[PDB]
Peer 1: 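Below: experimental structure, danoprevir bound to Genome polyprotein.
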Amino acid sequence: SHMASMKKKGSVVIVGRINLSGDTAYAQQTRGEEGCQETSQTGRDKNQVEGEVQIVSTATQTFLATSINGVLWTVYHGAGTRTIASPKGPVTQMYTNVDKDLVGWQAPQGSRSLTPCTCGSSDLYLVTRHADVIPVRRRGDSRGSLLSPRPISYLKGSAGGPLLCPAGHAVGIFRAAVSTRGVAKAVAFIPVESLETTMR
Ligand SMILES: CC(C)(C)OC(=O)N[C@H]1CCCCC/C=C\[C@@H]2C[C@@]2(C(=O)NS(=O)(=O)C2CC2)NC(=O)[C@@H]2C[C@@H](OC(=O)n3cc4cccc(F)c4c3)CN2C1=O
Ligand SMILES: [Zn+2]
């Protein structure tokens, strides 16, 4: 092909967060669309990062990314092999596993990391991009059922978000919804143990 005109993929850009610091969970936007587009091109993001759950965007998709053990994790089906924007330019993935639908980068300065759960509890909570905290009963290694099913529309854009135990530890990263007639009855997630193995 004409090699001189081949384009490069933009970086993933942090565009907001899910604030879990207080008694009320809520989404905050930290960058609008024009800034996002420019930042994706340059890979240079000088915005302050805070919190555990980031809202992230590419040119075509928006989803979540969650810091656990000093790594910002998200789904491969959202990020592909993309770099993430940072104050000093694009940062290359430190983990990539298409078979797990998993990617990770070093956690941004200013972020806070969730602690991996060792409670062995099956009472979980899924945090969505709209800051809904959805009770989920763990049903296996990588699945849980919604206590209150809802349309898949409500979950779209939340891949990369956490499933948490009652004590607020990370149990997994949301990757897929299990649905019947458009209603999500269950969720599939990357268990935190699988993240911990990937880190080895
Ligand atoms: C796996 C099973 C049981 C057959 O189910 C499903 O395939 N179901 C569907 C239902 C889709 C309807 C919307 C559901 C709403 C929210 C879904 C959470 C979500 C999302 O919000 N993405 S996103 O908008 O943020 C997006 C911007 C990031 N993910 C998806 O859509 C994913 C993406 C795609 O799956 C994968 O490419 N892989 C690769 C995997 C490798 C290993 C293990 C896996 F499981 C893998 C899943 C299909 N997906 C589903 O969920
Ligand atoms: Zn726990």
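By convention here, the first residue in the shown sequence is residue 1. Every number for a ligand or one of its atoms is a count from 1 in the order of the listing. Only heavy atoms go into these numbers, but all of them, side chains included; no hydrogens, no water, no symmetry mates. According to its header, the structure was obtained by X-ray crystallography, 1.4 Å.
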Peer 1: Which entities in the file belong to danoprevir, all copies counted?
Peer 2: ligand 1
Peer 1: Could you list the atoms of danoprevir found under 4.0 angstrom from a heavy atom of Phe174?
Peer 2: 18 (C)
Peer 1: Can you figure out which of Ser179, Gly160, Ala159 has its heavy atom closest to atom 19 (C) of danoprevir?
Peer 2: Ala159
Peer 1: According to the entry, what organism does chain A come from?
Peer 2: Hepatitis C virus subtype 1a
Peer 1: Going by heavy-atom distance to atom 1 (C) of danoprevir, choose the closest among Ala176, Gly78, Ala177.
Peer 2: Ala176
Peer 1: May I ask which of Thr74, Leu102, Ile190, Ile152 has a heavy atom nearer to atom 12 (C) of danoprevir than the others do?
Peer 2: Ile152
Peer 1: Just jot down the danoprevir atoms closer than 4.0 angstrom to any heavy atom of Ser158, in number order.
Peer 2: 21 (O), 25 (O)
Peer 1: Any idea which atoms of danoprevir are less than 4.0 Å away from a heavy-atom of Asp99?
Peer 2: 41 (C), 42 (C)
Peer 1: Nearest non-hydrogen contact with atom 25 (O) of danoprevir belongs to which option: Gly157, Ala188, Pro151?
Peer 2: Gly157
Peer 1: Counting heavy atoms only, which of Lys156, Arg143, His77 is nearest atom 30 (C) of danoprevir?
Peer 2: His77
